[PDB]
K.L.:
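Here's one more: a structure with colchicine in it.
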Amino acid sequence: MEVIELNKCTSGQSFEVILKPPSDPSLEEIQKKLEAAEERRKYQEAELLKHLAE
Amino acid sequence: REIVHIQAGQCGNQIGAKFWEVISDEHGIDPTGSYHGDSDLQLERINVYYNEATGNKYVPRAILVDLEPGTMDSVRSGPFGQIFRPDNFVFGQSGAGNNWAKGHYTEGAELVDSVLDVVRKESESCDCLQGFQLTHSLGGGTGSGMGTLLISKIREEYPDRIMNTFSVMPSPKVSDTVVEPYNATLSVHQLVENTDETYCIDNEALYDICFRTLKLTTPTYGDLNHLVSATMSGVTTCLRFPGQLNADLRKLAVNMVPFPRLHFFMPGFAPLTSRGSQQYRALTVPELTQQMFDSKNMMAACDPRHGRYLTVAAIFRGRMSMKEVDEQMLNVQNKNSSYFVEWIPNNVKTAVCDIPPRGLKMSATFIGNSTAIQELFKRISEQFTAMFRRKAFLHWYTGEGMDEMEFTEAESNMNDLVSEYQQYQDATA
Amino acid sequence: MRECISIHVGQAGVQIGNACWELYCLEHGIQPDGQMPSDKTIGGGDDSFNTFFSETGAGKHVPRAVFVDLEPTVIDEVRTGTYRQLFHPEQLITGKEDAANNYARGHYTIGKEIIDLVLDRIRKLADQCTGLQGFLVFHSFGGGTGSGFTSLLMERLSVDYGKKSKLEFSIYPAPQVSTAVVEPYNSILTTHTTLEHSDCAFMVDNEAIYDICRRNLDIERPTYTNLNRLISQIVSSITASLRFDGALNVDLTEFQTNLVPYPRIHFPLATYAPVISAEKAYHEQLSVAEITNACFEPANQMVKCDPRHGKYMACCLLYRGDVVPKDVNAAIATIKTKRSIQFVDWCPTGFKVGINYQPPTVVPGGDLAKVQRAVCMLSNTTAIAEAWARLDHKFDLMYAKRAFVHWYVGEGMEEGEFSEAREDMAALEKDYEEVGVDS
Amino acid sequence: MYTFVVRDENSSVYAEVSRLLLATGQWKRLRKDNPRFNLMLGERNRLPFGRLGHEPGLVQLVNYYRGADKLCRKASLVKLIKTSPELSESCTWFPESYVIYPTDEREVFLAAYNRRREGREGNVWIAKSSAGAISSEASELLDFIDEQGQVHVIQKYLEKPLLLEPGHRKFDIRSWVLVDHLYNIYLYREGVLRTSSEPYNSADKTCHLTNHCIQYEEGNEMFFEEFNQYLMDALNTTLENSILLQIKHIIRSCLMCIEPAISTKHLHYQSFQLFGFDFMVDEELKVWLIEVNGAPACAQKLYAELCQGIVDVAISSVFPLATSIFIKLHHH
Ligand SMILES: CC[C@]1(O)C[C@@H]2CN(CCc3c([nH]c4ccccc34)[C@@](C(=O)OC)(c3cc4c(cc3OC)N(C)[C@H]3[C@@](O)(C(=O)OC)[C@H](OC(C)=O)[C@]5(CC)C=CCN6CC[C@]43[C@@H]65)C2)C1
Ligand SMILES: CC[C@@H](/C=C(/C)[C@@H]1C[C@@H](OC)C[C@H](O)C(C)(C)[C@@]2(O)O[C@@H](C[C@H](OC)[C@@H](O)C(=O)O1)C[C@@H](OC)[C@@H]2O)CO
Ligand SMILES: C/C(=C\c1csc(C)n1)[C@H]1C[C@H]2O[C@H]2CCC[C@@H](C)[C@H](O)[C@@H](C)C(=O)C(C)(C)[C@@H](O)CC(=O)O1
Ligand SMILES: Nc1nc2c(ncn2[C@@H]2O[C@H](COP(=O)(O)OP(=O)(O)OP(=O)(O)O)[C@@H](O)[C@H]2O)c(=O)[nH]1
Ligand SMILES: Nc1ncnc2c1ncn2[C@@H]1O[C@H](COP(=O)(O)OP(=O)(O)CP(=O)(O)O)[C@@H](O)[C@H]1O
Ligand SMILES: COc1cc2c(c(OC)c1OC)-c1ccc(OC)c(=O)cc1[C@@H](NC(C)=O)CC2
Ligand SMILES: Nc1nc2c(ncn2[C@@H]2O[C@H](COP(=O)(O)OP(=O)(O)O)[C@@H](O)[C@H]2O)c(=O)[nH]1
Ligand SMILES: [Ca+2]
Ligand SMILES: [Mg+2]
Ligand SMILES: [Mg+2]
């Protein structure tokens, strides 16, 4: 049981007690995924409005 | 937020009127549209169903449709009849003769655009319209044939709003007209493809409740309809009153409908107790809960014990401890867990609302999505094919321009729907 | 001067956010109108509380916060509450239609239309910063907005603010704490796509918070207000390092430095003690040894799991109040012997200790009694994988039937996203299993 | 009433217990993946402990202690006895043993081999592992552990066992222990002796291994009543004095040792478990622990009573329904 890295400040203190030694995408990418989802939605809406026109 | 309401035909206008009558009383609205309420809880969500007119007058966001004037006068001359917007009456003179083809393709064709104009005018007056609700029967001509024509047209103009119907199925116990299985089967076909949520209100079940449970020897539509308005008020509580639920129609659909075609709900209401020595007893939450789940309390004539619940929503109203309600609801599931599918965890939900219905200290409203509803569609299917086997009474419909094929593919769709319910009744994890 | 920006997303995030900022104000002496008389530097200053509050020339202290919800009901509360005067309208952002408990709707359909406005309001706040160190993001797992939109925001924040730290406070779903049946879907979806974009995530299981309230606070049916004020104590003690003069965890990057050895395994468990009921008049004062001990009893953890059957990779003890070092070492000496604390062989068996002499504040009229000393323990243990296994099982049950799947497909998500997220969770479970097994 | 589910089909003991439960008319079995269960008779391996105690409104109890495998795995038991201070590496009732990998103790074993072979002492050792259902040369045992890709324990072979007469035969003792959700340690009054029909020859793998698998008395099993009379007539002693005091003491020390690790007090679910302890008795009437079994079978005659006892103190204790064959080993 050893104590190290003792820091003392105005509002408290800190320290470490050791016990045993040891043994991204782009803006384009995101907007393509979003626009792709908008595509599938619009395609579904067209399949519905087409079936309703029949 | 805002919901636009449509009632079509005799039955639809009958129960639609009682609905506005009942919720108007709950929200403290008098028959002239003036607010005379105490709590402000009654105005928190009043805009969901009412438009605010000049002078602190609330007017129902309701559209009244019929192919004959008779019921128009009836509603207009009744309690709360003056509350409705006079522009929102759209009626004809021919009538539909209990003929689905007249409502859907011939006579209704002329009136339909007038209705869409009023529908359009109300939708544009909405801050953020969430969707539509329709009351109609399936056994007649106008509500069945023209009601479904309205659904189809409305879906084409508002393809992403929620479409919700209170649909009354026909029963030989209540009605005389031989062609009702024809009208209902054509209607069910339209409902499976163009609504998001449908409450199955079965006249066969309503009759058994009034005759067996309530001991009403001479049941009238007024008796049946007072059960429907009570249930309609109950299932819409969480739209019209705030509290603990941040829920609208879309959220309800998302959590109630696990497969697109399986959107037909089994409703129930408690309490139900015959006159009159038991009408004075105090109801306990344990009793409300047992009654709610009892098969003989269901409002679709189908034995829930024959199948499984995919999803359940239950709503309690009145003064009561939520702890009691929690424990009781969990008791029902833990003690009868085989009636709830295990591949949808925690699939029964509860909401409690403080304001109780008029006349009752407490009440419960049941919304079940159960595989046993197939019994309802089987019953109608048997009546249909018995007749259709011999093309009996077909000339009433082919004389309006319909083909036999249209009947064949309606019965076909309903038989598949039956099959689909059966396949999740035996589906396991 | 290094600032931190808090983002609160969805009902849960906004309501938990409302509880936290109230607590901060009580802890720093900021009144409901934005004034703090103890602040002698009017219009500016380089104090510790300034990492969470900016100052206006009029002497008002504004939270460095943003509130987003896709429907206005919940944010309107903040707009009319006790602390309405403390926020700027530009910090409150509401849509008109919510995600309907639907991840795909929050991420793809509604999210697309509102993401740029949120980023623009965040940008406004970053502009008022001289050393912005990163973001704290509050949100539920189960909500459509909390799962779906938060994910889009995290992806975006990496782009515009790369290299800045992002910390998460996440509400894990519990049927107890009102859950929709599709929250398991939303949870796996949002974890999978956020995993790479947050450096450290503090998970709060609504089931754990619920039981502490019923058991320790004697509350029959805990409300969100009860849950949210208890969660606020935990958040406050976790962030108290950033808002007060100290040495432990003074920068967001220290949280991963001190708590996250492996990047994917960045979900530390939080335990807190003592939770005493304010109705209790006695008020027996526990020792540092007693409260340190309580940190190793399962009933005080933020997630229900059993650390005795896992391994630690990091352990931090954060004390508030009347606590001297001599007591802490003595408590750790004992805790070691009478407890099963197995560390991974690659990490050292040890404890980082912080002490803030200022004791825990309580909301006047809340449910917690004022205490002289309290601990919050943060430990990165493999036992937390139990919560992932529970969640993955519920997912599998529904997904095997494709239940509810059409609601997400109809919003433009492809069914493949489901199994891609599920495979990631399978990998996350393999990760935990490998780090803490020996056979 | 109450609900339970069965997840280990092969269990001869819990196959029986679930029949008693149904016989009360107050229990119902509900499939396997249904989670609204009161009791789970779980599987041997990979029991999803993390899924228990999370269903709202359900007191859940499971027939296994998470963590008790440390006591029921040959390799981990030897490591537990040596590392735990309450047992000590000098623990006088466990045969000297070392864990040998085909953390390893192969260097320490050979040190204790020459220390004995030089000392001119009996150096017969047995080697085994946890993947199977004896020699005097280390050069022959270590090459065996290598021909088997499993971790093995090399344990001192008890060269001078107590023999039964007539027959000059060897045997071991099986004790059944029950631990409930409160961590009461219950010893089943009835034990069994696994006898070897073949006379013991200390210079053939049948007269040495006594378990029923490898094989006077029916089923090569003797019961405590008979064995008691034999000790009285042959050695002028009783079973309780010369054998049962040690058995009771060993059982306490092992279970008391791991209790802080596996105890479900203050946990969101409850546990119990039936254990089998295997003992040896040497010429001087000293009892040696052989192994602890986490999923034991029962003597065919004793399936009732013991199974009925499990429902009485372990299950019905937490789920009460509308003499004592156990000995409460007082501890703590
Ligand atoms: C709720 C609306 C309702 O009032 C419900 C029933 C029918 N009608 C109107 C009123 C009515 C009823 N009976 C009438 C006789 C003549 C004229 C009018 C009526 C009503 C009743 O007795 O209480 C008011 C009723 C009707 C029936 C009725 C019950 C009933 O009230 C109990 N039955 C369920 C059917 C019926 O077909 C049946 O299946 O047997 C029970 C029944 O048959 C017999 C032998 O009773 C009967 C009775 C006239 C026979 C032929 C036609 N079908 C249609 C439905 C059924 C009837 C009630 C609509
Ligand atoms: C809940 C699943 C699915 C079916 C089941 C299993 C439900 C369970 C519980 O529902 C309330 C019944 C409950 O536990 C009781 C037995 C106490 C009780 O209320 O049963 C009803 C009789 C009811 O008849 C219809 C019964 O058959 C029934 O519906 O059982 C009156 C009376 O009978 C003795 C008793 O007071 C219905 O959703
Ligand atoms: C059962 C009822 C109340 C109740 C049960 S226990 C108690 C103290 N009160 C309510 C049920 C209400 O949902 C409404 C439907 C009821 C239909 C009745 C109007 C019915 O037509 C009529 C014959 C009745 O049953 C009474 C008039 C006696 C009615 O007051 C009792 C009833 O069913 O209402
Ligand atoms: N602790 C806590 N959990 C909450 C709170 N509000 C909601 N939750 C939980 O969060 C989940 C629901 O997510 P919400 O935050 O309500 O949803 P949302 O982000 O608004 O999403 P949508 O409304 O679907 O667009 C459930 O598990 C709730 O129990 C809150 O104030 N505190
Ligand atoms: N240290 C030892 N000294 C002498 N004989 C021993 C021994 N360990 C085991 N034996 C003998 O080998 C037999 C098997 O004991 P072991 O502990 O290997 O059981 P096992 O797991 O292989 C089968 P079971 O689980 O049925 O007991 C004992 O019954 C005994 O006859
Ligand atoms: C506006 O009215 C309702 C709206 C909803 C629900 C509901 O039943 C309680 C309502 O009627 C009372 C609802 C229903 C069922 C659920 O699962 C089947 C669910 O998870 C969830 C819910 C609701 N959410 C919760 C936490 O109950 C959201 C949708
Ligand atoms: N519950 C109920 N059913 C009704 C009512 N009026 C008619 N029905 C049923 O509705 C069907 C006939 O449809 P109806 O509404 O009369 O015809 P429409 O005017 O052409 O729509 C039959 O099954 C009737 O029993 C009513 O007030 N209540
Ligand atoms: Ca200042
Ligand atoms: Mg009519
Ligand atoms: Mg929301």
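In the text below, chain A, chain B and the rest are named by the order of the sequence lines, each starting its count at 1. Heavy atoms only: backbone and side chains are in, while hydrogens, waters and symmetry mates are out. We count ligands from 1, going down the list as the structure has it; atoms in each ligand are counted the same way. What you see here is only part of the deposit, and the contact count is restricted to that part.
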K.L.:
Which parts of this structure should be attributed to colchicine?
P.N.:
ligand 6
K.L.:
State what colchicine is bound to in this structure, picking the chain with most contacts and naming it per UniProt.
P.N.:
Tubulin beta-2B chain
K.L.:
If you measure heavy-atom distances to colchicine, which other chains fall under 4.0 Å?
P.N.:
B, C
K.L.:
I need the residues around colchicine for my notes - heavy atoms within 4.0 Å, please.
P.N.:
B:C238, B:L239, B:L245, B:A247, B:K251, B:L252, B:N255, B:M256, B:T311, B:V312, B:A313, B:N347, B:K349, C:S178, C:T179, C:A180, C:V181
K.L.:
Check each atom of colchicine against the heavy atoms of B:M256 and keep those under 4.0 Å away; list them by number with element.
P.N.:
15 (C), 18 (C)
K.L.:
What is the nearest protein non-hydrogen atom to atom 11 (O) of colchicine, stated with its residue, atom name and distance?
P.N.:
B:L252 CD1, 4.0 Å
K.L.:
Against heavy atoms of B:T311, which atoms of colchicine measure under 4.0 Å?
P.N.:
18 (C)
K.L.:
When you measure from atom 8 (O) of colchicine to every protein heavy atom, which one gives the shortest distance, and what is it?
P.N.:
B:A313 CB, 3.2 Å
K.L.:
Which residue and atom name correspond to the protein heavy atom nearest atom 23 (C) of colchicine, and how close is it?
P.N.:
B:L245 CD2, 3.9 Å
K.L.:
Which residue supplies the protein heavy atom nearest to atom 18 (C) of colchicine, what is that atom called, and how far is it?
P.N.:
B:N255 O, 3.1 Å
K.L.:
So if I count the atoms of colchicine from 1 in the order they appear, which ones are less than 4.0 Å from some heavy atom of C:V181?
P.N.:
17 (O), 18 (C), 20 (O)
K.L.:
Any idea which protein heavy atom is nearest atom 16 (C) of colchicine, and the distance to it?
P.N.:
B:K349 CG, 3.2 Å
K.L.:
Return the residue, atom name and 0.1 Å-rounded distance of the protein heavy atom closest to atom 4 (C) of colchicine.
P.N.:
B:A247 CB, 3.2 Å
K.L.:
For C:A180, take its heavy atoms, then give the atoms of colchicine lying under 4.0 Å from any of them.
P.N.:
20 (O)
K.L.:
Which colchicine atoms does B:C238 reach within 4.0 Å, using its non-hydrogen atoms?
P.N.:
1 (C), 2 (O), 12 (C)
K.L.:
For B:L239, counting its heavy atoms only, list the atoms of colchicine lying under 4.0 Å from any of them.
P.N.:
1 (C)
K.L.:
Tell me what the entry calls chain C.
P.N.:
Tubulin alpha-1B chain
K.L.:
Give the numbers and elements of all colchicine atoms closer than 4.0 Å to a heavy atom of B:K251.
P.N.:
29 (C)
